[PDB]
Novice: 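Can you keep this structure in mind? I'll have questions shortly.
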Amino acid sequence: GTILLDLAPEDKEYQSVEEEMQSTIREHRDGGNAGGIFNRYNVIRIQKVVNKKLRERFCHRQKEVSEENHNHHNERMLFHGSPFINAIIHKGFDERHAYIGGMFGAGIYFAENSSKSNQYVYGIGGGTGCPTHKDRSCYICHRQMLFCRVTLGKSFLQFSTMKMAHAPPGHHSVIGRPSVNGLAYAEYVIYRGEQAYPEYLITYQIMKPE
Ligand SMILES: O=C(c1cc(Cc2n[nH]c(=O)c3ccccc23)ccc1F)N1CCN(C(=O)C2CC2)CC1
Ligand SMILES: [Zn+2]
């Protein structure tokens, strides 16, 4: 059973989440087609996801990865956008639904830039936008994204497409780094659902630039 705990805006924990969300917005190559046009979000609320069973699976794997990486689990807080956010907060991430179409193959994808995750909230390339207005740039409808704890362990650096089914030998994750001819922004990939915990559930709106 998942329990959603509201965080007060005056709480330093709420402020840290909003600060990372706002500060990591960037301009995307698609000129805002997938996620919309905006320089800031309006944060509606931030809830902590509490689930004992999911936490135990996460901590158990974190100990295993720590033992395989000279006692460093290498956790990072990263964003994830998905139309299936309800299933994620109740059952956790699931590699059985890993992104077949991804540049690093069938893994679970995360971004260090909140605006890159916002491109996936309504589907691949923003699908057809919000259910109500069918607008990928809707300023009215409340969106939701996750800010997750992700166990990276020994991360495998890549610049180019390399379709994998699992992390490479001796590794626990794959990080696609930006390059002039390749990625504009980073992407973090894990191949096991228990290497991520959906810590924060952010409800927000993109704001129309003035
Ligand atoms: O990893 C994906 C996934 C990711 C993407 C890409 C993606 N999605 N979301 C992001 O924030 C992101 C950031 C950087 C680069 C790519 C992304 C597309 C379709 C997908 F199925 N999954 C889909 C949602 N997940 C689940 O376990 C759902 C509940 C069944 C986790 C696995
Ligand atoms: Zn809308």
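Residues 1105-1314, in that order, are what chain A shows, numbered as in the PDB entry. Numbering of ligands and ligand atoms starts at 1, following listing order. Recorded method for this deposit: X-ray crystallography, 1.6 Å.
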Novice: At ligand 1, which of puerarin, camlipixant, olaparib, triamcinolone acetonide is present?
Specialist: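 The one at ligand 1 is olaparib.
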Novice: Name the main binding partner of olaparib (ligand 1) here according to the PDB entry.
Specialist: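 The main binding partner here is Poly [ADP-ribose] polymerase.
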Novice: Are any of the N/O atoms in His1201 less than 3.5 Å from those in olaparib (ligand 1)?
Specialist: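 Indeed, backbone or side chain, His1201 has an N or O that close.
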Novice: What protein heavy atom is closest to atom 27 (O) of olaparib (ligand 1), reported as residue, atom name and distance in Å?
Specialist: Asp1198 N, 2.8 Å
Novice: Identify the closest protein heavy atom to atom 28 (C) of olaparib (ligand 1): which residue and atom is it, and at what distance?
Specialist: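 For this ligand atom, the closest protein heavy atom is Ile1192 CG1, 3.8 Å.
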Novice: By UniProt annotation, which domain of chain A has the most residues touching olaparib (ligand 1)?
Specialist: PARP catalytic
Novice: Please identify which atoms of olaparib (ligand 1) are closer than 4.0 Å to at least one heavy atom of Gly1185.
Specialist: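 Answer, ordered by atom number: 8 (N), 9 (N), 10 (C), 11 (O).
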Novice: Which of the atoms in olaparib (ligand 1), numbered in the order shown and given with their element, are less than 4.0 Å from a heavy-atom of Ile1228?
Specialist: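 In order of number, 18 (C), 19 (C).
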Novice: Below 4.0 angstrom from a heavy atom of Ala1191, which olaparib (ligand 1) atoms are there? Numbered from 1 as shown, please.
Specialist: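 Counting from 1, the qualifying ligand atoms are 29 (C).
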Novice: Please verify whether a non-hydrogen atom of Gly1211 lies at under 4.0 Å from olaparib (ligand 1).
Specialist: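 Flag set, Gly1211 near olaparib (ligand 1).
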Novice: What I want to know is whether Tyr1213 and olaparib (ligand 1) share at least one N or O pair that is separated by under 3.5 angstrom.
Specialist: yes
Novice: Note the single closest protein heavy atom to atom 20 (C) of olaparib (ligand 1), along with its residue, its atom name and the distance in Å.
Specialist: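 Answer for atom 20 (C) of olaparib (ligand 1): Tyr1203 CB, 3.6 Å.
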